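What follows is one structure encoded as structure tokens, with my remarks underneath.
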Amino acid sequence: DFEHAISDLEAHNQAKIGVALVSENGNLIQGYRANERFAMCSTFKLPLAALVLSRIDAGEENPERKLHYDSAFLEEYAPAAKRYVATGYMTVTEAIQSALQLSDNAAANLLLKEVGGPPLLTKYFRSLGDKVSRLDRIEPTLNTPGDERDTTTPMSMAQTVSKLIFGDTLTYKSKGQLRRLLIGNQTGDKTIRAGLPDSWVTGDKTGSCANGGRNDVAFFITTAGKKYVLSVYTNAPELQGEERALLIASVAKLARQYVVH
Ligand SMILES: *C(=O)[C@H]([C@@H](C)O)[C@H]1C[C@@H](SCC/N=C\N)C(C(=O)O)=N1
Ligand SMILES: [Cl-]
Ligand SMILES: [Cl-]
């Protein structure tokens with residue numbers, strides 16, 4: 001069974017693995033450590049992008065709005081922001097695309113400023129019925145034992161993402177935009193979607209975090225038209241990076257045994 005298979009993976013890789021596979025409507029299909037906390041150092045950007053789109057939906061923001069910043073605002077991993085910084089700004093749209101598809105840290109910080117900071121994103125999680133996920137600090141500060149700051153659970157994240165991608169909190173327009181952006185993610189070619197058939201439509205947001213953290217949350221649609229979200233959080237400090245991605249792809253190959261192909 002699923003729980004024994006993931007346990008075997010933990011023991012073989014000296015890793016901690018948390019995973020939830022949920023239906024289109026957020027209902028759990030299989031999981032393993034599904035209600036344990038993991039650091040949410042990058043995957044928070046997915047719900048962050050959705051908050052920004054929902055502000056646009058409500059007329060409180062628009063896509064072409066210029067988010068001003070200078071070199072002091074740069075972070076160590078900010079490939080897009082470093083290219084645009086001489087101009088003085090990134091638009092809302094550029095920052096959303098960069099934070100999602102490149103996991104650009106300065107772009108994510110721009111979007112955090114836009115929405116009112118970590119507390120307003122936490123309020124957004126709560127508003128969507130996610131009682132667990134919380135963001136407290138900005139990049140890269142958000143990345144000790146017992147500290148619940150900047151954490152999610154595999155279940156909370158899968159459920160949240162399922163609501164954003166497949167539910168009705170975003171308009172049809174925004175939901176389409178968010179999905180197309182996630183499909184075009186550039187950082188997830190070796191993670192969850194490497195463990196799924198290539199004919200399935202898949203979009204994802206990855207993360208790489210302290211203590212050997214390598215995470216991915218994806219939506220996918222099988223050739224039968226059946227829609228799912230898979231969250232995978234891993235800590236495998238003895239594995240190399242290519243091996244950590246392969247571990248996530250292995251988890252997805254296990255989880256897909258439980259979906260209608
Ligand atoms: C999440 O947003 C990560 C933050 C915490 O740095 C970010 C890092 C990239 S991994 C490649 C960059 N290497 C060193 N900093 C990442 C991602 O690709 O998902 N997320
Ligand atoms: Cl369902
Ligand atoms: Cl993450």
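Numbers here simply count residues along the sequence, with the first being 1. In each ligand, atom 1 is the first atom listed, and ligand 1 is the first ligand listed. Values below: all heavy atoms of this structure, side chains included; hydrogens, waters and symmetry mates excluded.
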According to the PDB, which drug is present at ligand 1?
-> imipenem (bound form)
List the chief contact partner of imipenem (bound form) in this entry, with the name from the PDB entry.
-> Beta-lactamase
From the options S103, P140, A108, select the one whose nearest heavy atom is closest to atom 20 (N) of imipenem (bound form).
-> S103
Where, taxonomically, does chain A originate according to the PDB?
-> Pseudomonas aeruginosa
4.0 Å heavy-atom contact, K205 with imipenem (bound form) | yes
Can you list the atoms of imipenem (bound form) that are under 4.0 Å from a heavy atom of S42?
-> 1 (C), 2 (O), 3 (C), 4 (C), 5 (C), 7 (C), 20 (N)
Short list, please: which atoms of imipenem (bound form) are under 4.0 Å from a heavy atom of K45?
-> 1 (C), 2 (O)
Using a 4.0 Å heavy-atom threshold (strictly under), name the region of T187 that reaches imipenem (bound form): side chain, backbone, both or neither.
-> side chain
Purely on distance, is any nitrogen or oxygen of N105 under 3.5 Å from one on imipenem (bound form)?
-> yes
Per the deposited model, what residue and atom form a covalent bond to imipenem (bound form)?
-> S42 OG
Provide the binding site of imipenem (bound form) at 4.0 Å, counting non-hydrogen atoms only.
-> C41, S42, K45, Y77, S103, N105, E139, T187, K205, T206, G207, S208
